[PDB]
S.K.: 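The structure is given below, and queries will be raised subsequently.
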Amino acid sequence: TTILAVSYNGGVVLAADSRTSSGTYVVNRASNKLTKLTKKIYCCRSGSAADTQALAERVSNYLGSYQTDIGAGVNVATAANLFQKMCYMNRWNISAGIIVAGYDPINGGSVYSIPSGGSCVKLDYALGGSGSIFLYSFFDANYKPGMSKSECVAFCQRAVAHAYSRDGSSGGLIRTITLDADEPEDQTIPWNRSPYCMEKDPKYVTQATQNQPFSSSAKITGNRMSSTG
Amino acid sequence: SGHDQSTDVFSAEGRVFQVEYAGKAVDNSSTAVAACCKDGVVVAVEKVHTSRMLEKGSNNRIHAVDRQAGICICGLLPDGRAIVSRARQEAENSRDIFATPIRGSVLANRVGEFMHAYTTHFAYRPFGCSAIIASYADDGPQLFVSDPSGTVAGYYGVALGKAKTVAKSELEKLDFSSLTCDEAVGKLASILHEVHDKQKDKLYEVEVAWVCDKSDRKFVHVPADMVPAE
Ligand SMILES: *[B]([O])([O])[C]([C][C]([C])[C])[N]C(=O)[C]([C]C1=[C][C]=[C][C]=[C]1)[N]C(=O)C1=[C]N=[C][C]=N1
């Protein structure tokens, strides 16, 4: 699982892969780790597939019962204190890394990263999942803050594609959605139209010369591809 | 007869008398007034001291519920302190669970359901209290009044107490659209010194409190030298 959420001027861009894998076997290759809480507030979802699904639909029922009694819109800081309350009083029993990102008219675009420990940190961009450790040095070099909506979509799709190329846990589709003052626009690009893959990376075309022919010199001349020559 | 002995008894015409008898405990209580001044809300009440030796600050009927809201009670003082200590608990819940200040129309709807829940059961009696919720939340300046029946209503101005009919006509001469919080402390305190008579009590003073943009959206009492003298 590689999940991330990046803020721009208008709102936020949620990004995630699509694969639940029982250790080493792909149980599902079209998962949806972008969970709707309210219309403009979603959450990314990593870790245990059952422990985080039960939290996401328990928060989303407190959060819709709140919205009816208030009669107004729900702030993102409200939804991020319902995950922190539940991920802290269950922190020894669940495995839950949650990234809460959304839009509210008061504060604009907000990103909250709630790790497995149960803390809450408000950010500009957040990373999560087992594939997130590849993306710290990728965002230190290639990420500049203050992009547009069209640039954050193509960046976060290029960000996830570098993550599941090296990670074995992550893979599949790339599901992204933007949350701002307009309608929430979702987009799912496949594997075969992904912006990066190592199989078509032109520097991994040459095989590593392991299987040397039996020869008279120490001059390395590539692999042995035939029984005759 | 026995049709006005508890709360779970409708009358022959659909009335509940122990609620309506509790409304006579507010109508025989000291005079309350309030005003919404387009950047905040000012609330003033008259403390009827029964002895010369009471300390200044005793029996303050104005209590702060949150940083931006506060409930002044009109009626019985110890019954209204169960309303204040409940609405504080309702405002602590929104700060600790939902990470947001409680809205003005939402705090008043929690007061009107706590006061109503003691008018439906036989073991409980209704409050002898009218609570005035003065708030300044992200929905603007709010002014609500919860009666002992549990009915809440947003007002622009309100008079409650004994002389609530004479002080209501004195509020109709104010503006509430061009009215500011700077002038209204002198106006509303001057309502109480004209609506109330000194031929019954000798010791009466006024207690004013506001919440507005000048006090940084904080529900505070007055500095003592802003109130008119008499
Ligand atoms: B992602 O791989 O972390 C994913 C996130 C989930 C919330 C949709 N989790 C899983 O794939 C888990 C296994 C796992 C892998 C790595 C870290 C933690 C957990 N999958 C399951 O829990 C699972 C396994 N078999 C059947 C159903 N669900």
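The sequence lines fix the lettering, A, B, ..., with proteins before strands; numbering per chain opens at 1. What's counted below: heavy atoms across the whole structure, side chains too, no hydrogens, waters or symmetry copies. Only a selected region of the deposited structure appears here, and contacts were counted within that region alone. Atoms within a ligand are numbered from 1 in the order they appear, just like the ligands themselves.
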S.K.: Which molecule here shares more close contacts with ligand 1 than any other chain, as the PDB entry names it?
M.R.: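 By the greatest number of contacts, it's Proteasome subunit beta.
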S.K.: Got a name for the drug at ligand 1?
M.R.: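 Found there: bortezomib (bound form).
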S.K.: For bortezomib (bound form, ligand 1), which other chains have at least one heavy atom closer than 4.0 Å?
M.R.: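 Those reaching under 4.0 Å with a heavy atom: A.
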S.K.: Covalent bond partner of bortezomib (bound form, ligand 1): which residue and atom, if any?
M.R.: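 The model places the covalent bond at A/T1 OG1.
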S.K.: Which other-chain residues have at least one non-hydrogen atom less than 4.0 Å from bortezomib (bound form, ligand 1)?
M.R.: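 Counting heavy atoms, it is made of A/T1, A/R19, A/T20, A/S21, A/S22, A/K33, A/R45, A/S46, A/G47, A/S48, A/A49, A/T52.
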